[PDB]
Q: 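There's a structure below that I have some questions on.
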Amino acid sequence: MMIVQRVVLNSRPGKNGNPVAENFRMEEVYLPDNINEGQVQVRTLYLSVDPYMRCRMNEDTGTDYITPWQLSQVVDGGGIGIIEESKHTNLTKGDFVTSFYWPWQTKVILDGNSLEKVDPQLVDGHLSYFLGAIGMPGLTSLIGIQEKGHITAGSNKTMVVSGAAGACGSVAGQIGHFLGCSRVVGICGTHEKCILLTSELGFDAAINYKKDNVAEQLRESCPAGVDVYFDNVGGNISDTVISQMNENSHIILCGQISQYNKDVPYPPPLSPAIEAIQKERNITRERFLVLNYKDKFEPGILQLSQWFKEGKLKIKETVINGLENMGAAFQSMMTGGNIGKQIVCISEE
Ligand SMILES: NC(=O)c1ccc[n+]([C@@H]2O[C@H](COP(=O)([O-])OP(=O)(O)OC[C@H]3O[C@@H](n4cnc5c(N)ncnc54)[C@H](OP(=O)(O)O)[C@@H]3O)[C@@H](O)[C@H]2O)c1
Ligand SMILES: CC1(C)[C@@H](O)CC[C@]2(C)[C@H]3C(=O)C=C4[C@@H]5C[C@@](C)(C(=O)O)CC[C@]5(C)CC[C@@]4(C)[C@]3(C)CC[C@@H]12
Ligand SMILES: CC1(C)[C@@H](O)CC[C@]2(C)[C@H]3C(=O)C=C4[C@@H]5C[C@@](C)(C(=O)O)CC[C@]5(C)CC[C@@]4(C)[C@]3(C)CC[C@@H]12
């Protein structure tokens, strides 16, 4: 047996705690030399870290959609790899495959049925895009806008995006323009990200919530109010945005990342004053869970791919190398170190 590396849950930060690199631990383990019928041996190429993983660090995730990781057991999440050996009828050495529950380990023996083969032509050979813009975050943005945004044919709406330089947000803002908004404004956490948005991703304006006057800048950059809010963050930021939203406007309630490490359920309740405004102005604020639109994954991926290949959709990512950096990458992402999709490259081939 050859020795490979893997990552296990070392400790929990507590439901009110901050995640740190050291909640995870690297181990060296043997990889079995033989696989069974129906199984494949895969080499891991890229792994995703994503905010929802914070929940799997707790004893109770707070939702049936994801289960808690267990102390000292291998952790898992979105991944992409290449088949090294197959005893599954529909997979063959050299196929590129993805799983939602890829164990954080350099080489893995997996049930062939748990994997999906992917076509690298969809991403011009940039396989890591399958974990981001031409993956679940991209679908979340495209489907969320389609289903919850109500961007009418021929209209000239203003869209605001929170978490605007992250995975979902950076795509959402571009899609807002693609699909007919005349104004797209992003809110994000650094001046570097503001520049990215307006100089590369085509946002009409960007606001740094840590340093700028958010209400003031939204009044300046959204002179006709806000019709569509793609909300990744919640909290104080969303209160400020909602206060400037128009009658019959729409909140795409993607995530509420500002309410993490507090024991706060989703959808989190708007404060009394902000709920009053929401209701007065008939602002819609429904649950949105991308998995409820599985039937749109095919056209969604096909559209994301097309826009990318056309040079319209600009795909940003921040890649860190080495499985030993999974914990660091997750912590970094949670605290805003990522521009676009946070990726960890496990083998650079
Ligand atoms: N509804 C769905 O089906 C669905 C699907 C996928 C993801 N999501 C959710 O959508 C959200 C975005 O996920 P993502 O994958 O696109 O992550 P991401 O935006 O790429 O990364 C998270 C970012 O959140 C920002 N942030 C962190 N703490 C914050 C705070 N307290 N206040 C404001 N901003 C903060 C940081 O950027 P700054 O530098 O700008 O602070 C960080 O880079 C998360 O809530 C995620 O769980 C929902
Ligand atoms: C996991 C995510 C979100 C992504 O991270 C990687 C790509 C992918 C795994 C993706 C894929 O790779 C191939 C197909 C196929 C494309 C197509 C056109 C075909 O090739 O027949 C039609 C059938 C089929 C199954 C539709 C569904 C998708 C788009 C499928 C599985 C949706 C889920 C998707
Ligand atoms: C496909 C699976 C099963 C998983 O394989 C990948 C992540 C994910 C796509 C996952 C996600 O990515 C982000 C969230 C959010 C996390 C959280 C805490 C927030 O961020 O506000 C609360 C709101 C919200 C939408 C709850 C639902 C989940 C857990 C959501 C969509 C459930 C479905 C889930």
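All residue numbers refer to positions in the sequence shown, counting from 1. Counting starts at 1 for both ligands and their atoms, in listed order. Scope of the values below: all heavy atoms of this structure, side chains included, with no hydrogens, waters or symmetry mates.
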Q: Per the PDB entry, what macromolecule holds ligand 2 with the most contacts in this model?
A: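 It is bound most extensively to prostaglandin reductase 2.
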Q: What drug do PDB records list at ligand 2?
A: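 PDB records name it beta-glycyrrhetinic acid.
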Q: Which residues of the other chains approach beta-glycyrrhetinic acid (ligand 2) to under 4.0 Å (heavy-atom distance)?
A: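 At that heavy-atom cut-off, the site is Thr98, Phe100, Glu116, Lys117, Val118, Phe130, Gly135, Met136, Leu139, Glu298.
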Q: Can you list the atoms of beta-glycyrrhetinic acid (ligand 2) that are under 4.0 Å from a heavy atom of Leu139?
A: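 Per the distance check, 3 (C).
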Q: Any covalent bond between beta-glycyrrhetinic acid (ligand 2) and a chain residue here, and if so, at which atom?
A: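 As deposited, no covalent bond from beta-glycyrrhetinic acid (ligand 2) reaches a chain.
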Q: Check this for me - beta-glycyrrhetinic acid (ligand 2), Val118, N or O atoms closer than 3.5 angstrom, yes or no?
A: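 So beta-glycyrrhetinic acid (ligand 2) has no N or O lying under 3.5 Å from an N or O of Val118.
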Q: Hey, quick one: which residues UniProt lists as binding substrate in chain A have a heavy atom under 4.0 Å from beta-glycyrrhetinic acid (ligand 2)?
A: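 The UniProt substrate-binding residues passing the heavy-atom test: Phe100.
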Q: I'd like to check which beta-glycyrrhetinic acid (ligand 2) atoms, numbered from 1 as shown, lie under 4.0 Å from a non-hydrogen atom of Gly135.
A: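 Answer, ordered by atom number: 5 (O).
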Q: Can you name the atoms of beta-glycyrrhetinic acid (ligand 2), numbered from 1 with element, that are less than 4.0 Å from a heavy atom of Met136?
A: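 Under 4.0 Å from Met136, beta-glycyrrhetinic acid (ligand 2) has these atoms: 3 (C).
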